[PDB]
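Presented below is an entry in which one can find tiazofurin.
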Amino acid sequence: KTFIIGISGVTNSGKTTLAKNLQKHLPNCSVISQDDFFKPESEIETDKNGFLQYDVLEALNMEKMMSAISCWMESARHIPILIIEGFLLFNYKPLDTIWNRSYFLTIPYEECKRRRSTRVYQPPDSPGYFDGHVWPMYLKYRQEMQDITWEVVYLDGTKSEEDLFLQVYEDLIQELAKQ
Ligand SMILES: Nc1ncnc2c1ncn2[C@@H]1O[C@H](COP(=O)(O)OP(=O)(O)O)[C@@H](O)[C@H]1O
Ligand SMILES: NC(=O)c1csc([C@@H]2O[C@H](CO)[C@@H](O)[C@H]2O)n1
């Protein structure tokens, strides 16, 4: 009765952008962004080397988010589409049995690091934060995904913004078609 779509991938791979596009052209379509569930700065930890721990599941209120998803799901039974976009989704076990479609955006190390630097975060990226925490954590996430039993459709984040949208858009109808 409801279609749940997952969109993950490394930071700045283009998740927000894909989510918004599908959102505009998809009927009865909602969006939940994993980033709205970050714990307050006062709750974040810094490792030995003085790096704030943001790229780990512990830096996000995931029980808050699952509750937000349950709300949507149950109020939906009253075809509803939910796009859940986030940089750390396919390694959070409670979601595995909820996905109807999973997409993973990939972007090279150089492009990613570049895009990242055009964005001022809060707290701002400390010196060598990207190499010292962001990249290492993504790689650690990519590895925690070697265990995935279901099917994740990999996307090329270097591709056109509309080419990615269209690739996903077609498929989503060739998936709703069997509905
Ligand atoms: N396909 C694309 N090609 C080039 N730049 C892109 C593309 N998609 C997004 N961007 C840019 O990359 C940066 C971050 O994109 P964003 O959608 O926020 O990705 P994410 O949600 O994974 O961090 C922004 O400058 C965005 O405009
Ligand atoms: N305040 C925040 O929410 C925050 C500070 S840095 C940050 C970044 O969010 C990215 C995932 O989208 C992750 O790489 C964090 O470094 N978030």
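The residues of chain A that appear here are 2-79, 92-192 by the PDB entry count, in order. These values consider heavy atoms only, across backbone and side chains, with no hydrogens, waters or symmetry-generated copies. Both ligands and their constituent atoms are indexed starting at 1 by order of listing.
- Location of tiazofurin, all copies: ligand 2.
- Lab note: main contact partner of tiazofurin (name per UniProt) = Nicotinamide riboside kinase 1.
- Between tiazofurin and the UniProt Mg(2+)-binding residues of chain A, heavy-atom distances under 4.0 Å are seen for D36.
- Checking UniProt active-site residues of chain A against tiazofurin, the nearest one by heavy atoms (to 1 Å) is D36, 3 Å.
- Of all ATP-binding residues UniProt records in chain A, the ones placing a non-hydrogen atom under 4.0 Å from tiazofurin are as follows: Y134.
- The 4.0 Å heavy-atom shell around tiazofurin contains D36, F39, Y55, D56, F100, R129, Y134, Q135, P136, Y142.
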